[PDB]
Amino acid sequence: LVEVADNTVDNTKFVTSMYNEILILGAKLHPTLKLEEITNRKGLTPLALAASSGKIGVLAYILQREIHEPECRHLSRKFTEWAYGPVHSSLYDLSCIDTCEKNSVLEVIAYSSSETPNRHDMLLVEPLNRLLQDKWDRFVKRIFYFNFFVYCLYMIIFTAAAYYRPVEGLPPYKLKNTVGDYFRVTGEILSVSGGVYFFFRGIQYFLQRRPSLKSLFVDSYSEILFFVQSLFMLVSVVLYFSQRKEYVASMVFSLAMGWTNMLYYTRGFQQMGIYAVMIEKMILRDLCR
Amino acid sequence: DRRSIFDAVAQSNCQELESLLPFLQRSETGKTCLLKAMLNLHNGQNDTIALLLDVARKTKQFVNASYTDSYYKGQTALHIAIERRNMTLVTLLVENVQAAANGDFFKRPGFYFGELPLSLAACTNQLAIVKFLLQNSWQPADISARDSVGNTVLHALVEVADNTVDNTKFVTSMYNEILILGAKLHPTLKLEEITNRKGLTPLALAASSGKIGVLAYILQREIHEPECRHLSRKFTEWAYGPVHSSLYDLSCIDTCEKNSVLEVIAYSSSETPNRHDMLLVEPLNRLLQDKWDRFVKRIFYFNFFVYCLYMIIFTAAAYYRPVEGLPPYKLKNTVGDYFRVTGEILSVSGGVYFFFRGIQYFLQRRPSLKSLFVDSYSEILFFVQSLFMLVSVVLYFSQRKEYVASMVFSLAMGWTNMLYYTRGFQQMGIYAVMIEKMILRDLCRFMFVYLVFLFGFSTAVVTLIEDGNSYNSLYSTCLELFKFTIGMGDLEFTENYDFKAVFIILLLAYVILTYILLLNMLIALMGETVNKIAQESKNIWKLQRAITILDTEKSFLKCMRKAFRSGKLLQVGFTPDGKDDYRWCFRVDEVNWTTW
Ligand SMILES: COc1cc(CNC(=O)CCCC/C=C/C(C)C)ccc1O
Ligand SMILES: COc1cc(CNC(=O)CCCC/C=C/C(C)C)ccc1O
């Protein structure tokens, strides 16, 4: 039933309908069985498949399902907790929306390879919007701001240790007894540590997600850039112990990338996140043509 | 047992009640048994309430049962009946009205409707219930009830409006019906002036909070009924053919006890949903335009001319600043120096004037801190110019030559601030509004992004240079790369670099990313924003002129306060109380061919 849905209003109409009728029928015949958890060989719940393949209408249905019949009230995914006047307070199920056995509906929507017809539009349903906004407000705003602040410090120290690079002779260099040179070696060590961190993060991402080769610059325009900055920093690491002065021609690139990559963080601020999105899209289309 | 009877009433069966009645007679929340019966009622299936009433009467102090908890403090049975549309139940309870439900819900999610059964019924789109309650025989409901904070029935009616067409529909409707009803019951009372603790008339609140539909109603209200013609706020003075000449009330639109409707609309902090759109009603537009045409156009033009003279003299006394030595300076016997000292004195006098004006404004209005640059973009600038001028005053008697670095700033600001005056000319006022909006939005966004990019690539290029003039600089390289954005960038401005290929790749990447991509993006986005605000600019300009008029009238009450009044004092019709209706009315014209 889900597999044949095509998002067209009448198709959504009767897919939702017949889904409901078959569900209530199976409920009446077998009050003991719970059919939804039935999963195919890929192990996808009908919700999970209706969300991964991209069928939005059936998704809005399955997340907004309710039944009053006393015998089979227990199929509902929504309830109305109370109401005094025009005010209503209702519930939602989150059966495994937020966290699910192997992949919840959110985890499937977000990490969908964009071979899915429409993932961006799909977070318009009520429970998902409310859920994600709630998580942002409560306990991840602080984490994101702290991450942004740490990256600011890393760029600052990287910049101020690149600015004063030793110029006497060739690399490597002896550590003079002065205090400023000790500060500078601390700066270089923090710099390379951050570099290796980003390098590994990139490799881990590319292992978990396993992104394609024809759509890598349209699905993840940011992981590529962070990993590339890490690569340049590490090549500088390699060529600063190979007694060679060309490391700078690499390191410089990195540093520039560094500061530019800061735009990655303007998605926590809607009114600047939309601007950074426009930059990305235009660079991919219009500058290229 | 209390639990047994609770289950029985929840059971919709009277067997337990009948069984326990003879035995009972022989013998935090506190929800009432009759309240429990009514609550668990479907299609009027709860009948134990009448039996409970009969038993209580056979054995006043209980028909007035109410909550005790702070969560539902004071929840009233008659209120619950109203919530249920209970004509039978409410009529029984009343026959068997000023109840104060002072709980949390009545004061996170909740519902505000007033604290009185009458108010609740009025807040529920139920008209028969209110008719009966306000004119119930056993105890009629008094309409003039005022709650703790003072929100009467009309106050709550306005307070629940939400500008949506159907909501406006029935809020206006029921407001009208309750008004005419109170008029018929009490021709002597005038309900509108009833004000809450904040002292706001229902008009004033409907305007301050932002409810436009109710506003258009209240200012365009008329009644023909002979007994209650005296509630109208509009009249039609005469009509020969398709022509009509009508009046308007101006009850306290133009000038009111503490804050009129205009004074509230204009000075609204823009936390109000929609103030710009709100001056579209007929009497307000006509009134403000009339004031502009009659006796404030001259004042505004004269003010503009005086400011022009102040800038001119300030400019010509700054131009010839003494250069011999340090400040202060001795006044040479020449005549030009006397002219110049006159110029400086006029300059500082104007400066102190603007400084005080700014302080007074900031005391009266008391503007917020998070929205100061979106509510008043002009008072800040005038006050800031005054501040710079006064710091120059301070440092010209501290034997220091740095005063100029301040004064210059001031002077520039001065001339630019002249744009403040292009609101008396619609077709230039809209242009100055666009400048303001773009400076607040688009330059800010684009400048954070452009500084990110500029600093990134400029440290990138300085970490490469060696200086082996003085391009080993973050400031001089920051310039030499900023110039690329004014079409003056030199791709080879230094040859003190180790690698030419890297240097050129970096500069090319910079030019492509900022000059070609970003800057043209800014042009495109400016196009978008202009195409969007083409009309918001007009509305904001009308509001700017309205504020100008209000300040103009307030400041010059000293010269002729009551001389130039709106409209005239007219006698429109008779009223039963005194058989005379004298009001500061405002006449307008109109036509219509479809009506005939
Ligand atoms: C990193 O995440 C994001 C970054 C950006 C902006 N960053 C860029 O456009 C990359 C520029 C690369 C040019 C560098 C050249 C070197 C060799 C000098 C927009 C959206 C994002 O999500
Ligand atoms: C003053 O009222 C208005 C003014 C303007 C135009 N004025 C400005 O944009 C201010 C420019 C400030 C830049 C000055 C920098 C100095 C340090 C040289 C538009 C609309 C208004 O209502």
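Sequence lines set the chain letters: A, B, ... in the order given, protein chains first and strands last, and positions in each chain run from 1. All heavy atoms count here, side chains included; hydrogens, waters and symmetry mates do not. Just so you know, ligand 1 is whichever comes first in the structure, and atom 1 is the first atom listed for that ligand. Part of the entry, not all of it, is on display, and contacts are counted within that displayed part.
Sitting at ligand 1 is the drug capsaicin. Other chains in heavy-atom range of capsaicin (ligand 1) (under 4.0 Å): A, B.
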